[PDB]
Amino acid sequence: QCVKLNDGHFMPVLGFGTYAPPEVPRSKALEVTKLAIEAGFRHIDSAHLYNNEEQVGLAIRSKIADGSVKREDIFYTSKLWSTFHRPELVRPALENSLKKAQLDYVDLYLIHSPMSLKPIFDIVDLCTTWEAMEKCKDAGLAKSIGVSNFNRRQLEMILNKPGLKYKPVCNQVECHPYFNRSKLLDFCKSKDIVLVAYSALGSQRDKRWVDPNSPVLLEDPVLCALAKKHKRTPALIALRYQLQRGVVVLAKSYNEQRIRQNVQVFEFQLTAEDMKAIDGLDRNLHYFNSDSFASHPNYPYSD
Ligand SMILES: NC(=O)c1ccc[n+]([C@@H]2O[C@H](COP(=O)([O-])OP(=O)(O)OC[C@H]3O[C@@H](n4cnc5c(N)ncnc54)[C@H](OP(=O)(O)O)[C@@H]3O)[C@@H](O)[C@H]2O)c1
Ligand SMILES: CC1=C(CC(=O)O)c2cc(F)ccc2/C1=C\c1ccc([S@](C)=O)cc1
């Protein structure tokens, strides 16, 4: 199914995450994005940062070419990287992501992060960045625009901007049973802003930003015990948890079996008691936990 965004467009509630670390051959993104679409994924999450937009757009275009899907059946997101926050850089950055993917438009374009970088940190009025995203939606380059990694105060800045034309349709943030974002989720729902969860499965645990001593979400005993009760898997429990909270959830897998497993999230449900047990896992744990973000003046978790 799909959720209706506050601008009238529609977002599929389960999305495929395309990020893989640079040790993975660029060509794997092409193969696993085709598998994801074959499996039933219709929402595809990419970013300038991921260095995979050529491969991901080819996968989408290839699945249009063989008649498996139409362009309008695919929801494709890209993101503005943080060295392009200056308003004059936003449109060219988007047109580059479009040229790489070879698409006429993205369904969704996000400010990837509030933590601006020199075009070394930068100081940018993100309200001006936002005005330039608005113009991109006006131009038809992005169907919808939104933000990623914004905390409540940074989102309020956008929402209270003098002469705002379009609300962010979404805030894409770290969100999973260890860090379930209940308060931010409530705030978003009160503004008809969709919360989209990334690292919903515990993150890739990349050693550059994630402490390998952090607990492994998918080994959690409550998730395991739920997975055994429903005869599903811990990953599926964690994904279904978000859908029943009204969260759009991403899932990265470069594995053929797992990509196909993840679509099973539509095939079952959890009870109130299951949901309450999962909500009781919350421990304020963001897996991305690095000096590279934490020392930034607009670090979202400075809270
Ligand atoms: N906006 C941002 O700042 C931001 C930040 C992080 C992520 N994201 C987006 O969100 C996407 C997903 O988040 P993430 O990359 O942190 O990964 P994730 O979705 O939390 O997945 C973590 C690991 O879960 C494994 N997995 C997938 N399905 C599984 C299953 N059924 N059972 C067991 N393990 C399974 C995957 O390993 P395998 O590949 O081996 O299956 C994956 O590497 C990202 O790729 C990117 O598209 C955005
Ligand atoms: C892999 C990665 C992600 C995850 C994703 O989007 O899937 C990410 C998300 C952000 F909001 C910001 C940075 C990153 C990132 C790599 C990265 C980290 C620090 C820097 S610099 C040293 O500040 C540059 C790049």
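Heads up: numbering here begins at 1 and tracks the sequence. Side chains included, hydrogens not; waters and symmetry mates left out as well; all remaining heavy atoms used. Determination method: X-ray crystallography, 2.1 Å. When a ligand or atom number is given, it counts from 1 through the structure's own listing order.
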What's the drug at ligand 2?
sulindac
By the name used in the PDB entry, which chain has the largest number of heavy-atom pairs within 4.5 Å of sulindac (ligand 2)?
Aldo-keto reductase family 1 member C3
Numbered atoms and elements of sulindac (ligand 2) in range of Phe293, under 4.0 angstrom, heavy atoms
12 (C), 13 (C), 18 (C), 19 (C)
Considering only heavy atoms, which residues of chain A annotated by UniProt as substrate-binding lie under 4.0 Å from sulindac (ligand 2)?
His112
Under 4.0 Å to a heavy atom of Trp81 - the qualifying atoms of sulindac (ligand 2), by number
12 (C), 13 (C), 24 (C), 25 (C)
Those atoms of sulindac (ligand 2) less than 4.0 Å from some heavy atom in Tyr50
5 (C), 6 (O), 7 (O)
Could you tell me whether sulindac (ligand 2) has any atom less than 4.0 Å away from a heavy atom of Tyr198?
no
Tell me whether sulindac (ligand 2) is touched by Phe121 - counting only heavy atoms on the residue side and a distance under 4.0 Å.
no
With a heavy-atom distance limit of 4.0 Å, tell me whether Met115 approaches sulindac (ligand 2) through its side chain, its backbone, both, or neither.
neither
Output the list of atoms in sulindac (ligand 2) that are nearer than 4.0 Å to some heavy atom of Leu49, sorted by atom number.
2 (C), 3 (C), 8 (C), 14 (C), 15 (C), 16 (C), 25 (C)
Consider every N or O of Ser113 and every N or O of sulindac (ligand 2), then say whether any pair is closer than 3.5 Å.
no
UniProt active-site proximity: sulindac (ligand 2) and chain A (heavy atoms, 1 Å):
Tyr50, 2 Å
Do any N/O atoms on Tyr19 end up under 3.5 angstrom from N/O atoms on sulindac (ligand 2)?
no
Residue/atom in covalent bond with sulindac (ligand 2)
none
State which residues lie within 4.0 Å of sulindac (ligand 2), judged on heavy atoms.
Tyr19, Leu49, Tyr50, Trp81, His112, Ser113, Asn149, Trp209, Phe288, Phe293
